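Numbered from 1 within each chain, the chains take letters A, B, ... in sequence-line order. Partial entry; contacts are within-part only. Basis for what follows: all heavy atoms, side chains included, without hydrogens, waters or symmetry-related copies. When a ligand or atom number is given, it counts from 1 through the structure's own listing order.
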Amino acid sequence: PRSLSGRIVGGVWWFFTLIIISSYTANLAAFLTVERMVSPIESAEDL
Amino acid sequence: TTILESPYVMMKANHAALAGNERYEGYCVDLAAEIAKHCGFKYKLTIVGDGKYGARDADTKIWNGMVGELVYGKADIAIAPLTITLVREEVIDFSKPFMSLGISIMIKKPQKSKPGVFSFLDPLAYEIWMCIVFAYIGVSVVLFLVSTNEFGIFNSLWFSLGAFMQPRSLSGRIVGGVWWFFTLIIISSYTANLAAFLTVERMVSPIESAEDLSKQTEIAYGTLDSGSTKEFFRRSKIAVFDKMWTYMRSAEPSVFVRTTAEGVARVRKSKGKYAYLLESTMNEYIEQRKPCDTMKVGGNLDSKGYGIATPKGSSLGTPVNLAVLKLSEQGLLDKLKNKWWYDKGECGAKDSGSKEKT
Amino acid sequence: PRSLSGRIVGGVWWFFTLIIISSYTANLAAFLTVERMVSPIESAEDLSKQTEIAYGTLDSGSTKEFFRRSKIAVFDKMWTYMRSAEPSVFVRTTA
Amino acid sequence: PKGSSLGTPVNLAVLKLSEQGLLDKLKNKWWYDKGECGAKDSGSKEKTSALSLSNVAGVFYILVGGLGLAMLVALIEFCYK
Amino acid sequence: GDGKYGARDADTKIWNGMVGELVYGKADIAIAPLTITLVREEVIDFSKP
Ligand SMILES: O=c1[nH]c2cc(C(F)(F)F)c(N3CCOCC3)cc2n(CP(=O)(O)O)c1=O
Ligand SMILES: O=c1[nH]c2cc(C(F)(F)F)c(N3CCOCC3)cc2n(CP(=O)(O)O)c1=O
């Protein structure tokens, strides 16, 4: 129940994992965004 | 002699306040000065009367346009986008090509942003939706083994509810944890991936070559009702171009247009349902004109080329010929084209994509 | 408890809201990603690499004559643009 | 050679061949028709848009592995009892 | 012979390859991927491309 001791532990640990999974999601979005940014050499100006 | 055809020869802005050669401006206007400089001679730019290029009426057997004014001594030289054809090479002299071209394809700029529920099945692949469902029942069955025939049905429906996502039996406990970590990664992947298309959002186009126009029918296409472009497909014995002509020959309504302006308008008002076939030179120029909603796709269908025309057995013959070769090697020809097509253009293609947002 | 009827309702509704909140998050990211993409005009090379923001000089003076005669890479392109930019990117006075 | 007899004739011949599409035909004969690669060109007609299964697959194996680990922990529990 | 196209040695001022065999009467015509250049158009005749 409301065991304040281990209670804040579950809360802080939750806030901890929240940040991590958010970071993973954000970063993973960037790896696909940049993956598209890489434009193939279509013309000479690209070289 | 020359013809009024943008952007080769055009009337300058304040042409009414000017006279002589200063009245005109364009690719050929500059090309004239260059040729005259290397051949050493003064010249007077004049526009052809009938405003035609160079054809031969079958009946009267009379030449018209610039090619005509050359054969009948009206002009000394022709500096314009005059195509080097066999029928003309017989009556006049053509210098080496100062600009190689051909027949190209013009379509509407793919601004495709339709609904299509298929933009939701793309982020997460159909193959992935499947496996996530197989593993879905693959967990509801493993949990089902953790907990007489009906007792198994009520439980299988309970584990299916423990499946439809949201004590300390270590066995099935780590199953719920691992399955949670599994779905966590997937939903994170879906979210991240979905962010990508809506961020970059680069457009794609169906038709890449001429063979693509023949393999499909959804997108209609045609040429000018009269000209070498239309007569090309009609007489062409090439595989691809043959089928294309067969289609256009009996396509209803008429896929042929009266003028080049009508053709472009048809492409801009068909939402990408109509393609227009025309000379690459004029096409490339159109792409650099507002509202910048047209683009050339794929390479040319044939190899042509314009040249400086001079009366058969003329004195300017050899000189001009060499002059053209000299200009091209000095990259002066390429420079001139860039000046009137892209530099003077109103549509920086890579700049219009760098300056467009959503 | 395990009322199969309303059970799948809670599951499907959960999958529904999952997609929406994921869409909101993803979409909100593109608007912030592009918001950063917009780079402020820092150097002169930035004026040549883009076209959205027009630019010009005084119609007469060493400033204008500079770009015209400049054989430097960046300044060259800049002049090419201003030389044929419409409407006129050049002004009469500094004011 | 400069001032040759074959000069004009050959010139016209080239123009005639091109208009008859004979030149384009010849090129197609030796470049594409006689070519050995219409396979890498038929696949270059198109590659498509979105995500792959590869990455997602790695997370599937770790899942089944977890299920198997549990199926193992389950058996032992019933044995001790 | 030499298996060249058509260049001009600055020193000896001699043409080599096919373009050479044309100027020196070794051959009557050259049918090959010979580039139409200004330096060659001066010594020989090039048909349309
Ligand atoms: O020698 C020729 N040179 C030509 C050059 C051009 C241009 F590209 F504009 F420079 C054009 N246009 C293409 C687009 O439609 C408008 C005018 C037609 C030409 N024609 C007529 P054809 O009989 O239809 O080939 C000739 O005869
Ligand atoms: O008239 C000329 N016609 C040429 C025709 C070709 C080919 F394309 F193979 F037909 C080539 N190659 C291109 C690829 O590398 C191997 C040989 C070189 C030619 N060169 C020499 P350049 O001085 O390098 O231009 C000429 O002079």
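According to the PDB, the drug located at ligand 1 is ZK200775. Contact analysis gives the chain with most pairs under 4.5 Å to ZK200775 (ligand 1) as the one UniProt calls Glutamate receptor 2.
The chains other than those of the drug that have a heavy atom under 4.0 Å from ZK200775 (ligand 1) are B.
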